Enquirer: 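Notes on a complex, glecirasib (bound form) with GTPase KRas, N-terminally processed.
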Amino acid sequence: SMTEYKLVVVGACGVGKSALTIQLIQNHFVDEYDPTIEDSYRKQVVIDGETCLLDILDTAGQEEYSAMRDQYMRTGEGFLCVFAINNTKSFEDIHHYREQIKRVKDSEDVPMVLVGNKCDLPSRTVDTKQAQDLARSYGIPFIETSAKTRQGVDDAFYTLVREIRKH
Ligand SMILES: */C=C/C(=O)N1CCN(c2c(C#N)c(=O)n(-c3c(C)ccnc3C(C)C)c3nc(-c4c(N)c(F)c(F)c(F)c4F)c(Cl)cc23)CC1
Ligand SMILES: Nc1nc2c(ncn2[C@@H]2O[C@H](COP(=O)(O)OP(=O)(O)O)[C@@H](O)[C@H]2O)c(=O)[nH]1
Ligand SMILES: [Cl-]
Ligand SMILES: [Mg+2]
């Protein structure tokens, strides 16, 4: 049988959670996808010779989902923690996303990948060095992405599957 992986995409409003997810699922860039929509998407992929069924939850942090947030997160096997390379606040928020994931999962060994999105844009305010130092402090990988060009997007999700395997 195919190995099934429940992945959860988190991070500040506007970092590109939806754009990243829709690239993997539908192979196109969506400009300004409805920021309020939270849904799960399924995709079959081959990673290192293993057929994987991915169930990806694209979080939107809306008030209507707030009561059930912990129940939705607890079934996640791995988390993509996304910031944008032109938004320092989204990078500062990463340690808070990790605080909440560690709380819900009651563990410091939750499979996780740090993702720096929008690497196509010129006006960078967070360097790869900063993100790699943060990832190293957590013992997790860092992957740079552009949801616009699709560069690195699959590497981010596939890296998270490899982290879930180690767990
Ligand atoms: C464009 C809309 C959008 O993408 N988002 C809306 C807001 N959102 C979000 C926010 C905000 N603003 C937020 O403050 N937090 C919380 C909460 C509610 C409580 C404590 N810390 C945070 C941040 C700073 C980590 C969000 N948390 C989560 C969330 C929660 N509650 C959780 F328990 C987890 F285990 C998570 F993995 C997790 F990520 C989410 Cl879904 C969304 C926000 C961002 C998205
Ligand atoms: N140039 C560029 N724009 C992006 C990228 N990813 C997302 N966007 C845009 O950034 C905004 C926020 O993206 P969205 O996917 O809605 O973020 P979410 O709130 O995290 O789901 C939208 O206007 C997207 O079109 C990227 O890699 N490059
Ligand atoms: Cl929430
Ligand atoms: Mg979204």
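Nothing fancy with the numbering, it's 1 onward along the sequence. Excluded from the calculations below are hydrogen atoms, water molecules and symmetry mates; all remaining heavy atoms, backbone and side chain alike, are included. Whatever order the structure lists ligands and atoms in, that order sets their numbers, starting from 1.
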Enquirer: Point out every copy of glecirasib (bound form) in the model.
Expert: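 At ligand 1.
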Enquirer: Any idea which residues from other chains are within 4.0 Å of glecirasib (bound form), non-hydrogen atoms only?
Expert: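 Heavy-atom contacts: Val10, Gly11, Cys13, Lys17, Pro35, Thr59, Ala60, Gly61, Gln62, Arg69, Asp70, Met73, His96, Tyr97, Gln100, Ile101, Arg103, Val104.
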Enquirer: Identify the protein heavy atom lying closest to atom 29 (C) of glecirasib (bound form), giving its residue, its atom name and the separation to 0.1 Å.
Expert: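 Residue, atom and distance for the closest contact: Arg69 CD, 4.1 Å.
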Enquirer: Note all other ligands and ions lying below 4.0 Å from glecirasib (bound form).
Expert: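 Other ligands or ions: ligand 2 (guanosine-5'-diphosphate), ligand 3 (chloride ion).
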Enquirer: Report, in ascending order of atom number, the atoms of glecirasib (bound form) lying under 4.0 Å from any heavy atom of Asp70.
Expert: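 Once the distances to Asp70 are compared, the set is 33 (F).
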Enquirer: I'd like to know the organism the PDB gives for chain A, please.
Expert: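 The entry lists the organism as Homo sapiens.
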Enquirer: Could you tell me whether atom 17 (C) of glecirasib (bound form) has a protein heavy atom closer than 4.0 Å?
Expert: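 Within 4.0 Å of atom 17 (C) of glecirasib (bound form), no protein heavy atoms are found.
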Enquirer: Any nitrogen or oxygen of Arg103, main chain or side chain, under 3.5 Å from a nitrogen or oxygen of glecirasib (bound form)?
Expert: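 By distance alone, the answer is no.
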Enquirer: What protein heavy atom lies closest to atom 32 (C) of glecirasib (bound form)? Include the residue and the distance to one decimal.
Expert: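 Sorting protein heavy atoms by distance from atom 32 (C) of glecirasib (bound form) puts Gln100 CB, 3.6 Å first.
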Enquirer: For glecirasib (bound form), which atoms have a heavy atom of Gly11 less than 4.0 angstrom away?
Expert: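 Every atom of glecirasib (bound form) under 4.0 Å from some heavy atom of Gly11: 44 (C), 45 (C).
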Enquirer: Can you tell me which residue and heavy atom of the protein come closest to atom 27 (N) of glecirasib (bound form), and the distance to 0.1 Å?
Expert: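 Ranking protein heavy atoms by distance from atom 27 (N) of glecirasib (bound form), first comes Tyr97 CE2, 3.9 Å.
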Enquirer: Establish whether atom 14 (O) of glecirasib (bound form) and some protein heavy atom are separated by less than 4.0 angstrom.
Expert: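 No, there is none.
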Enquirer: If we only count N/O pairs under 3.5 Å, is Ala60 in contact with glecirasib (bound form)?
Expert: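 Yes; at least one N/O pair falls below 3.5 Å.
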Enquirer: Output yes when a protein non-hydrogen atom is found under 4.0 Å of atom 9 (C) of glecirasib (bound form), and no otherwise.
Expert: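 Within 4.0 Å: yes, protein heavy atom nearby.
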Enquirer: Is the closest protein non-hydrogen atom to atom 45 (C) of glecirasib (bound form) under 4.0 Å?
Expert: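 So far as the 4.0 Å threshold goes, atom 45 (C) of glecirasib (bound form) is in reach of a protein heavy atom.
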Enquirer: So if I count the atoms of glecirasib (bound form) from 1 in the order they appear, which ones are less than 4.0 Å from some heavy atom of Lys17?
Expert: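 Selected atoms, number and element: 3 (C), 4 (O), 45 (C).
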Enquirer: Any non-hydrogen protein atom below 4.0 Å of atom 6 (C) of glecirasib (bound form)?
Expert: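 Protein heavy atom within 4.0 Å of atom 6 (C) of glecirasib (bound form): present.
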Enquirer: Atoms of glecirasib (bound form) less than 4.0 Å from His96 heavy atoms?
Expert: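 That gives atoms 24 (C), 25 (C) of glecirasib (bound form).
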Enquirer: Give the residue, atom name and distance (to 0.1 Å) of the protein heavy atom nearest atom 42 (C) of glecirasib (bound form).
Expert: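 Protein heavy atom with the smallest distance to atom 42 (C) of glecirasib (bound form): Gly61 CA, 3.7 Å.
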Enquirer: What residue-atom pair is the covalent partner of glecirasib (bound form) as deposited?
Expert: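 The model shows a covalent bond at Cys13 SG.
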Enquirer: How far is atom 2 (C) of glecirasib (bound form) from its nearest protein heavy atom, and which residue and atom is that?
Expert: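 Closest protein heavy atom to atom 2 (C) of glecirasib (bound form): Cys13 SG, 2.8 Å.
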Enquirer: Does glecirasib (bound form) have any N/O pairs with the protein under 3.5 Å, and how far apart?
Expert:
{"residue": "glecirasib (bound form)", "atom": "4 (O)", "partner": "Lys17", "partner atom": "NZ", "Å": "2.8"}
{"residue": "glecirasib (bound form)", "atom": "5 (N)", "partner": "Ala60", "partner atom": "O", "Å": "3.1"}

